[PDB]
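Position 1 is the first residue of the sequence; numbering continues from there. Whatever order the structure lists ligands and atoms in, that order sets their numbers, starting from 1.
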Amino acid sequence: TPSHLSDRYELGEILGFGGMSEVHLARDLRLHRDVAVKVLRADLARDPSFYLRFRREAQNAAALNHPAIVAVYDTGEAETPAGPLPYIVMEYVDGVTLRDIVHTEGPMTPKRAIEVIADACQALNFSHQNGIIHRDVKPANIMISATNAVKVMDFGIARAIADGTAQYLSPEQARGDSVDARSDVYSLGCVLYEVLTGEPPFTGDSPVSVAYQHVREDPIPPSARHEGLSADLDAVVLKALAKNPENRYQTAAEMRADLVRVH
Ligand SMILES: O=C1c2c(O)ccc(O)c2C(=O)c2c(NCCNCCO)ccc(NCCNCCO)c21
(Lines of atoms letter the chains of each structure in order from A and count residues from 1; the text may use other names and numbers.)
(Lines give C-alpha, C1' and ligand atoms only; values in the text may rest on other atoms or scores of the structure.)
Protein backbone atom coordinates (compact mmCIF):
# COMPACT_ATOMS: atom_id res chain seq x y z
CA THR A 1 0.00 0.00 0.00
CA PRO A 2 1.11 3.68 -0.54
CA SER A 3 2.76 5.88 2.02
CA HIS A 4 0.58 8.99 1.74
CA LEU A 5 -3.16 9.00 1.40
CA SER A 6 -5.10 11.92 -0.09
CA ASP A 7 -2.04 14.15 0.40
CA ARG A 8 -3.10 14.45 4.07
CA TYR A 9 -2.44 11.20 5.99
CA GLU A 10 1.03 9.74 6.05
CA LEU A 11 0.69 6.04 6.96
CA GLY A 12 3.27 4.49 9.25
CA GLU A 13 3.34 1.07 10.75
CA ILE A 14 0.64 -1.42 11.15
CA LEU A 15 -1.29 -1.30 14.38
CA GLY A 16 -3.45 -4.40 13.80
CA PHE A 17 -6.04 -5.76 11.38
CA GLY A 18 -9.77 -5.22 11.67
CA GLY A 19 -10.87 -8.32 9.72
CA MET A 20 -9.20 -8.28 6.30
CA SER A 21 -8.08 -4.64 6.34
CA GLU A 22 -4.86 -3.13 7.72
CA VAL A 23 -5.00 -0.58 10.55
CA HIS A 24 -2.09 1.88 10.51
CA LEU A 25 -0.53 4.39 12.86
CA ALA A 26 -0.47 7.59 10.81
CA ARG A 27 0.09 11.35 11.16
CA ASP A 28 -2.56 13.84 9.99
CA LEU A 29 -0.50 16.44 8.41
CA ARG A 30 -3.15 19.14 8.51
CA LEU A 31 -3.73 18.82 12.25
CA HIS A 32 -0.30 17.66 13.49
CA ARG A 33 -1.62 14.65 15.29
CA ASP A 34 -1.17 10.92 15.32
CA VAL A 35 -4.30 9.13 14.12
CA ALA A 36 -5.04 5.46 13.32
CA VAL A 37 -6.36 4.57 9.84
CA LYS A 38 -8.11 1.53 8.37
CA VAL A 39 -7.66 0.73 4.71
CA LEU A 40 -9.85 -1.69 2.81
CA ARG A 41 -7.56 -4.43 1.33
CA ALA A 42 -7.92 -3.04 -2.23
CA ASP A 43 -8.94 -6.24 -3.95
CA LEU A 44 -11.59 -6.27 -1.22
CA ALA A 45 -12.52 -2.73 -2.21
CA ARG A 46 -13.65 -3.74 -5.66
CA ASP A 47 -16.27 -6.03 -4.19
CA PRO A 48 -19.49 -4.10 -3.44
CA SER A 49 -20.42 -6.16 -0.39
CA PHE A 50 -17.22 -5.02 1.21
CA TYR A 51 -17.21 -1.46 -0.08
CA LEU A 52 -20.65 -1.23 1.48
CA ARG A 53 -19.85 -3.01 4.69
CA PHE A 54 -16.81 -0.70 5.01
CA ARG A 55 -18.60 2.55 4.23
CA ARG A 56 -21.30 1.35 6.64
CA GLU A 57 -18.66 0.58 9.26
CA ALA A 58 -17.40 4.16 9.27
CA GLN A 59 -20.88 5.59 9.39
CA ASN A 60 -21.87 3.28 12.18
CA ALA A 61 -18.78 4.05 14.14
CA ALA A 62 -18.74 7.79 13.48
CA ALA A 63 -22.41 7.96 14.31
CA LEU A 64 -21.59 7.26 17.96
CA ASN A 65 -19.37 9.26 20.25
CA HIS A 66 -18.27 8.30 23.75
CA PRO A 67 -14.95 8.33 25.57
CA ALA A 68 -14.84 4.57 25.98
CA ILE A 69 -15.47 3.95 22.34
CA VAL A 70 -12.87 4.81 19.67
CA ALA A 71 -13.75 7.93 17.71
CA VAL A 72 -13.95 8.32 13.97
CA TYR A 73 -12.56 11.55 12.71
CA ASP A 74 -12.94 10.90 8.95
CA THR A 75 -13.35 8.53 6.01
CA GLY A 76 -12.46 8.95 2.36
CA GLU A 77 -11.17 7.02 -0.61
CA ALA A 78 -7.62 7.56 -1.96
CA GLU A 79 -7.18 7.07 -5.74
CA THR A 80 -3.79 5.34 -5.90
CA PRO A 81 -1.80 3.52 -8.66
CA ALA A 82 -3.14 0.43 -7.02
CA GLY A 83 -6.68 1.86 -7.60
CA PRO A 84 -9.28 3.37 -5.21
CA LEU A 85 -8.85 2.58 -1.54
CA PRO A 86 -11.51 3.56 0.99
CA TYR A 87 -10.19 4.39 4.47
CA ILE A 88 -11.40 5.45 7.91
CA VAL A 89 -9.53 7.91 10.18
CA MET A 90 -9.93 7.10 13.82
CA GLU A 91 -8.83 8.37 17.21
CA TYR A 92 -5.44 6.87 17.90
CA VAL A 93 -4.99 4.73 21.03
CA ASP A 94 -1.53 4.54 22.37
CA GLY A 95 -1.91 1.38 24.43
CA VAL A 96 -2.34 -2.37 24.65
CA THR A 97 -5.26 -4.79 24.31
CA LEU A 98 -6.81 -6.81 27.00
CA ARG A 99 -5.51 -9.75 24.97
CA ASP A 100 -1.98 -8.53 25.25
CA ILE A 101 -2.35 -7.51 28.87
CA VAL A 102 -3.70 -10.93 29.94
CA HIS A 103 -1.07 -12.68 27.93
CA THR A 104 1.81 -10.77 29.65
CA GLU A 105 0.50 -10.05 33.13
CA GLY A 106 -1.54 -13.17 33.60
CA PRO A 107 -4.93 -12.46 35.11
CA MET A 108 -5.50 -9.06 36.61
CA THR A 109 -6.60 -8.35 40.11
CA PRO A 110 -10.37 -8.65 40.54
CA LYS A 111 -10.54 -5.00 41.64
CA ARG A 112 -8.82 -3.92 38.40
CA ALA A 113 -10.81 -6.40 36.32
CA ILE A 114 -14.19 -5.16 37.65
CA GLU A 115 -13.64 -1.47 36.77
CA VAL A 116 -12.13 -2.34 33.45
CA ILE A 117 -15.25 -4.26 32.36
CA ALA A 118 -17.57 -1.91 34.21
CA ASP A 119 -16.28 0.66 31.74
CA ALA A 120 -16.71 -1.65 28.80
CA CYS A 121 -20.40 -1.91 29.75
CA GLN A 122 -21.08 1.80 29.53
CA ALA A 123 -19.38 1.82 26.12
CA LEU A 124 -21.49 -1.07 24.97
CA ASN A 125 -24.64 0.21 26.51
CA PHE A 126 -24.19 3.57 24.79
CA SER A 127 -23.81 1.65 21.58
CA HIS A 128 -26.99 -0.33 22.18
CA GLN A 129 -28.64 2.85 23.31
CA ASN A 130 -27.85 4.08 19.86
CA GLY A 131 -29.13 1.04 18.00
CA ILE A 132 -25.74 -0.50 17.44
CA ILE A 133 -24.86 -4.08 18.41
CA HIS A 134 -21.06 -4.69 18.28
CA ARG A 135 -21.26 -8.43 17.78
CA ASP A 136 -17.53 -8.85 18.30
CA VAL A 137 -16.53 -8.34 21.87
CA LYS A 138 -13.26 -9.98 22.85
CA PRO A 139 -10.01 -9.14 24.65
CA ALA A 140 -8.32 -8.14 21.40
CA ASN A 141 -10.99 -5.45 20.83
CA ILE A 142 -10.81 -3.71 24.14
CA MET A 143 -7.89 -1.46 24.97
CA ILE A 144 -6.24 0.29 27.88
CA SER A 145 -4.86 3.66 26.96
CA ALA A 146 -1.47 4.78 28.30
CA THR A 147 -3.58 7.20 30.39
CA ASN A 148 -5.40 4.06 31.59
CA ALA A 149 -8.70 4.65 29.70
CA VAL A 150 -10.87 1.92 28.33
CA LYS A 151 -11.38 2.05 24.57
CA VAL A 152 -13.75 -0.49 22.93
CA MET A 153 -13.10 -0.87 19.22
CA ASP A 154 -13.53 -2.68 15.89
CA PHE A 155 -17.08 -1.91 14.94
CA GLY A 156 -16.04 -4.13 12.03
CA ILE A 157 -19.21 -6.28 12.09
CA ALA A 158 -21.46 -4.13 14.34
CA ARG A 159 -24.99 -3.95 12.88
CA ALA A 160 -27.39 -1.04 13.19
CA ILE A 161 -31.07 -1.81 13.18
CA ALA A 162 -30.87 -0.44 9.59
CA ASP A 163 -31.19 -4.00 8.06
CA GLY A 164 -12.37 -16.60 12.57
CA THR A 165 -11.48 -17.45 16.21
CA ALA A 166 -13.82 -19.60 18.49
CA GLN A 167 -14.23 -18.57 22.13
CA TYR A 168 -16.00 -15.30 22.62
CA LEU A 169 -19.05 -16.15 20.57
CA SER A 170 -22.61 -16.03 21.88
CA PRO A 171 -24.63 -19.27 21.65
CA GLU A 172 -27.09 -17.62 19.26
CA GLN A 173 -24.15 -16.55 17.08
CA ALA A 174 -23.07 -20.15 17.33
CA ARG A 175 -26.38 -21.67 16.18
CA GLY A 176 -26.53 -18.72 13.75
CA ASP A 177 -29.61 -16.67 14.73
CA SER A 178 -30.51 -13.01 15.19
CA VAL A 179 -28.26 -11.46 17.79
CA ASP A 180 -28.85 -8.51 20.13
CA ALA A 181 -27.63 -6.50 23.10
CA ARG A 182 -27.72 -9.72 25.12
CA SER A 183 -25.29 -11.45 22.77
CA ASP A 184 -22.89 -8.66 23.44
CA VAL A 185 -23.44 -9.08 27.19
CA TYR A 186 -22.50 -12.72 26.87
CA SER A 187 -19.40 -11.99 24.77
CA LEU A 188 -18.47 -9.50 27.43
CA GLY A 189 -18.96 -12.12 30.15
CA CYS A 190 -16.43 -14.30 28.32
CA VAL A 191 -14.01 -11.41 28.41
CA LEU A 192 -14.58 -10.92 32.11
CA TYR A 193 -13.99 -14.66 32.68
CA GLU A 194 -10.79 -14.40 30.65
CA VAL A 195 -9.40 -11.52 32.67
CA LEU A 196 -10.29 -12.85 36.07
CA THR A 197 -8.96 -16.38 35.60
CA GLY A 198 -6.24 -15.85 33.01
CA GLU A 199 -8.35 -18.32 31.06
CA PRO A 200 -11.30 -18.27 28.64
CA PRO A 201 -14.46 -20.12 29.55
CA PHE A 202 -14.08 -22.75 26.80
CA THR A 203 -11.30 -24.05 24.51
CA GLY A 204 -10.97 -26.60 21.74
CA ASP A 205 -9.07 -28.04 18.76
CA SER A 206 -10.98 -25.74 16.40
CA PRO A 207 -13.79 -23.20 16.29
CA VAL A 208 -16.43 -25.93 16.11
CA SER A 209 -15.66 -27.73 19.36
CA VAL A 210 -15.70 -24.45 21.18
CA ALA A 211 -18.93 -23.48 19.50
CA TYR A 212 -20.49 -26.65 20.94
CA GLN A 213 -18.97 -25.95 24.30
CA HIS A 214 -20.71 -22.53 24.27
CA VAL A 215 -24.02 -24.18 23.43
CA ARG A 216 -23.67 -27.30 25.65
CA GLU A 217 -21.31 -27.00 28.65
CA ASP A 218 -21.81 -25.13 31.88
CA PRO A 219 -18.85 -22.95 32.49
CA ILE A 220 -16.42 -23.87 35.21
CA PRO A 221 -17.17 -21.39 38.02
CA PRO A 222 -14.22 -18.91 37.96
CA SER A 223 -13.46 -19.55 41.66
CA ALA A 224 -12.64 -23.12 40.60
CA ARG A 225 -10.25 -21.93 37.92
CA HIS A 226 -8.44 -19.48 40.20
CA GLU A 227 -8.49 -18.77 43.95
CA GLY A 228 -9.19 -15.31 45.44
CA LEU A 229 -12.34 -14.94 43.39
CA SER A 230 -15.44 -14.00 45.39
CA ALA A 231 -18.52 -16.24 45.42
CA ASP A 232 -20.57 -13.05 44.78
CA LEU A 233 -18.53 -12.40 41.65
CA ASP A 234 -18.82 -15.99 40.49
CA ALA A 235 -22.63 -15.68 40.14
CA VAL A 236 -22.10 -12.37 38.26
CA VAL A 237 -19.89 -13.86 35.55
CA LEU A 238 -22.18 -16.91 35.24
CA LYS A 239 -25.30 -14.74 34.78
CA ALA A 240 -23.75 -12.97 31.78
CA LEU A 241 -22.99 -16.43 30.51
CA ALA A 242 -26.47 -17.77 31.02
CA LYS A 243 -27.13 -20.03 28.10
CA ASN A 244 -30.51 -18.46 27.43
CA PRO A 245 -30.56 -14.74 26.61
CA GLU A 246 -33.61 -14.58 28.86
CA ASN A 247 -31.56 -15.62 31.86
CA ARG A 248 -28.76 -13.21 31.01
CA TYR A 249 -28.62 -9.55 31.96
CA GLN A 250 -30.96 -7.83 29.59
CA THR A 251 -28.58 -4.92 29.11
CA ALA A 252 -25.01 -3.84 29.68
CA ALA A 253 -26.33 -1.36 32.19
CA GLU A 254 -27.86 -4.13 34.32
CA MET A 255 -24.60 -6.08 34.24
CA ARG A 256 -22.52 -3.06 35.12
CA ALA A 257 -24.86 -2.31 38.03
CA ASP A 258 -24.16 -5.79 39.53
CA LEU A 259 -20.41 -5.46 39.01
CA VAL A 260 -20.38 -2.09 40.76
CA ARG A 261 -22.40 -3.70 43.50
CA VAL A 262 -19.62 -6.20 44.29
CA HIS A 263 -16.64 -3.82 43.97
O1 LIG B 1 -3.94 0.57 18.69
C2 LIG B 1 -4.78 -0.02 18.01
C3 LIG B 1 -5.79 0.68 17.37
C4 LIG B 1 -5.88 2.06 17.49
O5 LIG B 1 -4.98 2.73 18.22
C6 LIG B 1 -6.90 2.76 16.87
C7 LIG B 1 -7.84 2.06 16.12
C8 LIG B 1 -7.76 0.68 15.98
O9 LIG B 1 -8.67 0.01 15.25
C10 LIG B 1 -6.73 0.00 16.61
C11 LIG B 1 -6.66 -1.38 16.47
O12 LIG B 1 -7.52 -1.92 15.79
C13 LIG B 1 -5.64 -2.10 17.10
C14 LIG B 1 -5.54 -3.49 16.98
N15 LIG B 1 -6.39 -4.23 16.28
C16 LIG B 1 -7.40 -5.06 16.95
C17 LIG B 1 -7.92 -6.01 15.90
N18 LIG B 1 -9.11 -6.71 16.41
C19 LIG B 1 -8.84 -8.15 16.68
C20 LIG B 1 -9.43 -9.03 15.56
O21 LIG B 1 -10.88 -9.11 15.60
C22 LIG B 1 -4.52 -4.15 17.63
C23 LIG B 1 -3.59 -3.44 18.38
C24 LIG B 1 -3.68 -2.06 18.51
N25 LIG B 1 -2.79 -1.38 19.24
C26 LIG B 1 -1.98 -2.03 20.28
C27 LIG B 1 -0.59 -2.39 19.74
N28 LIG B 1 0.26 -2.81 20.87
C29 LIG B 1 0.65 -4.24 20.80
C30 LIG B 1 1.98 -4.41 20.04
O31 LIG B 1 2.10 -3.39 19.02
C32 LIG B 1 -4.70 -1.39 17.87
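Between trovafloxacin, zibotentan, lotrafiban, mitoxantrone, the one at ligand 1 is mitoxantrone.
Ranked by contacts, the chain bound most extensively to mitoxantrone is, in UniProt, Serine/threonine-protein kinase PknB.
Nearest UniProt active-site residue of chain A to mitoxantrone, heavy-atom distance to 1 Å: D136, 4 Å. Within 4.0 Å of mitoxantrone, counting heavy atoms, one finds these UniProt Mg(2+)-binding residues of chain A: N141, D154.
Restricting to residues UniProt lists as binding ATP in chain A, the heavy-atom distances under 4.0 Å from mitoxantrone involve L15, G16, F17, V23, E91, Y92, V93, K138, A140, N141, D154. Of the residues of chain A in contact with mitoxantrone, the majority fall within UniProt domain Protein kinase. Binding site of mitoxantrone at 4.0 Å, heavy atoms: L15, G16, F17, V23, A36, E91, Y92, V93, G95, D100, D136, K138, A140, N141, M143, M153, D154.
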